[PDB]
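Inspection log for the structure reproduced underneath, given as structure tokens.
As listed: the chains are lettered in turn, A, B, ..., one for each sequence line. Residues displayed in chain A correspond, in order, to the PDB entry positions 1-430. Since chain B takes its numbers from the PDB entry, the residues it shows come out as 1-436. Just so you know, ligand 1 is whichever comes first in the structure, and atom 1 is the first atom listed for that ligand. Side chains included, hydrogens not; waters and symmetry mates left out as well; all remaining heavy atoms used. The entry is not shown in full; contacts are counted within the portion that is.
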Amino acid sequence: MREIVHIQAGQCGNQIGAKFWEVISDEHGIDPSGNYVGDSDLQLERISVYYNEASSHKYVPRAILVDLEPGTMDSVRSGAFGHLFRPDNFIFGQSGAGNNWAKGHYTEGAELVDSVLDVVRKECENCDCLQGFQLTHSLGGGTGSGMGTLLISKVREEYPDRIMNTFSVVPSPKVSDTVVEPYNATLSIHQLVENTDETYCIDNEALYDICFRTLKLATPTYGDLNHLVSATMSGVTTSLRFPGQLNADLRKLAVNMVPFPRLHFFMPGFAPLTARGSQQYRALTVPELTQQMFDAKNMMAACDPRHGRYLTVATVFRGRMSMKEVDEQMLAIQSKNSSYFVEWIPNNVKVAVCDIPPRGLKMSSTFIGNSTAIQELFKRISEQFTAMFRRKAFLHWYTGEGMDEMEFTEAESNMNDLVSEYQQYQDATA
Amino acid sequence: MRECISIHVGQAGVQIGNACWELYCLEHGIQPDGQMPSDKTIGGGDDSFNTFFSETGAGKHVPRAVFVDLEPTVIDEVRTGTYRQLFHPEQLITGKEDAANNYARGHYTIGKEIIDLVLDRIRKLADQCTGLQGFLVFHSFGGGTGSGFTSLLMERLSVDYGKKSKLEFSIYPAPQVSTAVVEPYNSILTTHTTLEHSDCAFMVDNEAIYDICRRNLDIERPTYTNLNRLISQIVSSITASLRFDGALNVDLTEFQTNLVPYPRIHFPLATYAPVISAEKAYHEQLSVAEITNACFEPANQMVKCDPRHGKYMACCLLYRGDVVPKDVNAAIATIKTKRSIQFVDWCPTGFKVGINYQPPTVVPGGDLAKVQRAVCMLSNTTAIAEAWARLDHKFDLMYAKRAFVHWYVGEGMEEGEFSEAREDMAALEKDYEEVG
Ligand SMILES: COc1ccc(C[C@@H]2NC(=O)/C=C\C[C@@H]([C@H](C)[C@H]3O[C@@H]3c3ccccc3)OC(=O)[C@H](CC(C)C)OC(=O)C(C)(C)CNC2=O)cc1Cl
Ligand SMILES: Nc1nc2c(ncn2[C@@H]2O[C@H](COP(=O)(O)OP(=O)(O)OP(=O)(O)O)[C@@H](O)[C@H]2O)c(=O)[nH]1
Ligand SMILES: Nc1nc2c(ncn2[C@@H]2O[C@H](COP(=O)(O)OP(=O)(O)O)[C@@H](O)[C@H]2O)c(=O)[nH]1
């Protein structure tokens, strides 16, 4: 395919995406020194998707990391595989990016959008053709939500043709020090719905819930959850990274997946839930993967899909596997759950098969759905926002920073209309 | 790397500043001849004590503060007190005639002819600064100089510097040491014209300080050296956060963020616990759990109001010496006994703690003695409406029959100002009462 440009925002983005780069780089078998270790061509069939050659025809990841809190550069260059990146895009701010919008959205950051467009165009010059973008960020704080929406709009202006994809992390009361989050989340998704092509709801509420109620870890840190999300988003990327029969692409994924012109929020899931292990593992086999793919406590959104409907479905299986067996159980799952799925698009539950095992697990898969259950998450966020908003709170910060009340009101109008749209498409008929 | 400027207005303000600056000397080991052996005597600083002392090439550590008085009766005393050599050649402000308990005289007649000099002094001091956070002004609601001139100063500052914040320390004057009867008009007329240019203001009630000194200090005659010393100790304890070194609550901006939800609600209430009686050598020992247990008692707060009737916003804390955060967590668990505690539904809760690894400093030859641990809870309660209601009762009584009104009208004020300020304070107390 054509090349992909990766964009990384804020502390959360930098950490999550650095771990993701590590995960796939191990998967594609590339050394920290850029040395080559892979033992087959099937590893480098789609290495050009991300990695670019060096002067020594040494493959280098192509990504950009953005933030304003200048303490992140050393965090980048202190990870295990951190020094992997080109010493040209470690461009950051110098005076902090306190979690206030219109500071990174209007006040500043808008002064460095020239810098970020300069760097992204500079490294897409070496890109023979452009496929799309990978913005990783979270919905809280300026560097993060505000910069992410600003970047999305800017590149949408400059590149109206290609695709625009992003990963969303929604901060939650369960693990959050600050409290100015719901304002950030709603102000973000308002830009996000109307300005991107597809987005992944990598939630924290469901993440914490499952990690504490089954994985039962004492202190969910930026280490554990970083590992979880890096693994899952690697699993999502595999389908493009691998050659598959369901030989899907970003534009193809949009066309196949996108049901409405404003409902492009996915629910990345993973069947074999995995903590920080040492040995190979305790063994898992096919029917276990079948069951745990679509359980109630394995996704990344605190919702039970049996209370809703799927617009579409998608999966990407891993490891040496019986394709006929897989098709048999999938046919049964689409047979024994007739009401579970929408009647608007038959032949929606698509399936693919991959070969390279995950670097640590034998037989796994990667669930990338598109449900009508996401209304629960959006309703949650909007309700907490308006609870913080019915009486003013810190809102003087925003108003004195540049917004007005009308922008907040219209953001809520847009979100509640979106929830109405999801409700409507969730209660269709024949 | 972040400068700070303070300023003293009025007799109460200048006396408090006198009582505070020598405490500030003591804390860092600064002495009227001190040199703080770890410095180069040429700007040796940029630590958290640089925010006040802009030390010169003479190794002097001159401060950043000026004192205001409409008629020299206390500013002279600091000019010829103890730390005489500690101030510049006539950097201070001296007048010729006080506002004499008349808000109007300082707000329209006298100060409106002296203010420009004060602003020139403030600007000239600020020029030597590089990274000023904001101002910390000391005044009182009692007289007309420390009140009318303060409100006028607020207007002038907000005109010339609106971006920067400016924390406030105020006194809610009490009948006990009442040196007038026209205080309530000044108080309403100052709180009404303070909001639009205020950001966060602390009131310390001379009723409360008087009660504390008479009860738990074994003093029956609280001069302006006893209550003054106690308030200086409280102020030093509260500002120690920015003063000594880095922890919770570094900056005035951070004060606002973690304290004030709603710009019409920005009067935080400060509580204390260690009230060491006197030179009494031996009573018993002390525990950190004990002092944090005591910091909830209504008798031990800087302003009289019983908070078992209302809800808190953000109950910060500070500590001196003997770190033990597990004991602090136990303290939170204990105070969770929900007998007299509350929080507000909308926003979650945080008991942010910052530790100073220096034992609290004490007045050497004063009514106290050195201890090892200290703590001060700045609970932004909703109960702070008691003071406003109490003062509103008296203002309404006096305005019933238009008493004393001429002494304000005949000086450059209109009759409608009183009514509109009363209505505005009514709106303010409504804004407190509705939260819940
Ligand atoms: C009702 O009173 C309350 C008071 C406090 C609390 C919890 C209290 N609150 C907050 O400030 C949370 C969001 C308000 C934003 C506001 C809305 C954004 O514009 C900010 C801004 C940033 C920089 C410059 C100018 C403006 O501020 C902050 O995030 C700042 C970060 C900066 C100052 C380092 O502080 C923190 O992040 C803290 C203090 C470490 C996070 N923690 C808390 O325990 C709860 C209640 Cl209910
Ligand atoms: N220093 C100090 N002042 C106090 C105390 N209690 C009350 N005051 C106030 O001290 C004030 C005297 O200073 P101002 O208010 O400026 O008096 P003024 O008449 O405006 O002008 P000056 O007397 O020249 O200062 C009165 O308003 C009292 O309410 C206390 O314990 N210490
Ligand atoms: N660093 C980090 N933050 C996360 C993660 N998952 C959720 N978050 C939340 O994302 C928010 C961090 O926002 P951030 O990007 O730091 O805003 P910034 O201060 O403007 O950079 C916090 O609410 C975190 O709780 C994670 O894996 N890593």
Task: Recorded drug, ligand 1 - done: cryptophycin 52
Open item on the list: I'd love to know the main binding partner of cryptophycin 52 (ligand 1) in this entry - how is it named in UniProt?
Closed with: Tubulin beta-3 chain
- [ ] Report the chain letters of other chains having a non-hydrogen atom under 4.0 Å from cryptophycin 52 (ligand 1).
- [x] A, B
Open item on the list: Can you walk me through which residues contact cryptophycin 52 (ligand 1) using 4.0 Å for heavy atoms?
Closed with: A:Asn99, A:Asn100, A:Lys103, A:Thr178, A:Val179, A:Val180, A:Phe394, A:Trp397, B:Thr257, B:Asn258, B:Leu259, B:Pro261, B:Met313, B:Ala314, B:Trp346, B:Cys347, B:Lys352
Open item on the list: Can you tell me which residues in chain A that UniProt annotates as binding GDP end up with a heavy atom closer than 4.0 Å to cryptophycin 52 (ligand 1)?
Closed with: A:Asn99
Open item on the list: Just wondering, where does chain A come from, per the PDB?
Closed with: Homo sapiens
Task: Name of chain B in the entry - done: Tubulin alpha-1B chain
